[PDB]
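So, a structure with valdecoxib in it.
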Amino acid sequence: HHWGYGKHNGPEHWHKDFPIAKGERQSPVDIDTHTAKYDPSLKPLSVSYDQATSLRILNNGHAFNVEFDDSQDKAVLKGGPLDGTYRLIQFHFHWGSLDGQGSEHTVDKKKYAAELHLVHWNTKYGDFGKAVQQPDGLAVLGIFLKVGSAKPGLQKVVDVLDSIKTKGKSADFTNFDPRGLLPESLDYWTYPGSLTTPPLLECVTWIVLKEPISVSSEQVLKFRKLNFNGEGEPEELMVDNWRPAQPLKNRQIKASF
Ligand SMILES: Cc1onc(-c2ccccc2)c1-c1ccc(S(N)(=O)=O)cc1
Ligand SMILES: [Zn+2]
């Protein structure tokens, strides 16, 4: 009986195996834009993905991860609320069964069709394993997806999904440039949070971009063709793999603009 997004193993059940699920800095959260405050102490955000080198794409039974070689300081996130350098290790998405839901973070309670998470670990800790034992070990850049015009930079990802339909399947995925998934503006909201899936570790500095990227209905429809199940098992479409907004508790969301 492993965790998932169903009625008997979904978000409302996670706290039993992962008590931190009811912690003091859980993610995602609703971003109340009127309550968020501009923070002048924030330095310019730096997203340097020019030397990013992807290696593989994997269906882990919850979502699919595009993995990067993080053995060297190449694709890095710096500036903004961050102290030091954070290295990109992988990115994935959360999406819904319908266009009106799918994102984890919400803006004034509005849910987007999906949400992209670019995961980075603080290099001062040597490896991501050690990083997830630190309150500032991770930085996740979140980007909302709305349905409209297609995102050319996303097509390569969409076209390989047929090769990793079921849980456990992986496929070579080299030379993918994540720069093609970034909106024009880097305006963002930031707050201290957690991983949004078990283990739900509270080691993440969240940086959520205000400007969503547009993807086509056809592109997201292909996301919805993936399976939560492994090969040879009854088909359970990989949809609504998002955790709902959690209590803000003693936290303040800061705006870069
Ligand atoms: C599950 C899991 O197992 N390991 C990780 C992980 C991997 C690399 C760095 C940090 C966490 C994760 C993981 C869990 C949640 C997220 S999220 N949705 O970006 O908060 C991202 C990664
Ligand atoms: Zn995520």
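Just so you know, residue 1 is the first one in the sequence shown, and it goes up from there. Header says: X-ray crystallography, 1.5 Å. These numbers come from the heavy atoms of this one structure, side chains and all, not from hydrogens, waters or symmetry mates. For ligands, and for the atoms within them, numbers begin at 1 and follow the listed sequence.
- Location of valdecoxib, all copies: ligand 1.
- The macromolecule with the greatest number of heavy-atom pairs within 4.5 Å of valdecoxib (ligand 1) is, in the PDB entry, named Carbonic anhydrase II.
- Intersecting the UniProt substrate-binding annotation for chain A with heavy-atom proximity to valdecoxib (ligand 1) (under 4.0 Å) gives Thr196, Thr197.
- Taking UniProt's list of Zn(2+)-binding residues in chain A, a heavy atom lies under 4.0 Å from valdecoxib (ligand 1) for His92, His94, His117.
- The proximity of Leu138 to valdecoxib (ligand 1), defined as any non-hydrogen pair under 4.0 Å, is limited to the side chain.
- Protein heavy atoms come within 4.0 Å of atom 21 (C) of valdecoxib (ligand 1).
- Within chain A, the UniProt active-site residue with the least non-hydrogen distance to valdecoxib (ligand 1), rounded to 1 Å, is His62, 6 Å.
- For atom 15 (C) of valdecoxib (ligand 1), a protein heavy-atom neighbour is present inside the 4.0 Å cut-off.
- UniProt assigns most of the residues of chain A contacting valdecoxib (ligand 1) to the domain Alpha-carbonic anhydrase.
- Taking atom 19 (O) of valdecoxib (ligand 1) as the reference point, the nearest protein heavy-atom neighbour is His92 CE1, 3.1 Å.
- For atom 4 (N) of valdecoxib (ligand 1), the nearest protein heavy atom lies 4.0 Å away or farther.
- For valdecoxib (ligand 1), other ligands and ions under 4.0 Å: ligand 2 (zinc ion).
- Near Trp206, meaning under 4.0 Å from one of its heavy atoms, valdecoxib (ligand 1) places the atoms 20 (O).
- If you look at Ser27 next to valdecoxib (ligand 1), there are no close heavy atoms at all, none under 4.0 Å.
- The residues lying within 4.0 Å of valdecoxib (ligand 1), counted on heavy atoms, are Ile89, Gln90, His92, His94, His117, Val119, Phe128, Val132, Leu138, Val140, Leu195, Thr196, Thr197, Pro198, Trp206.
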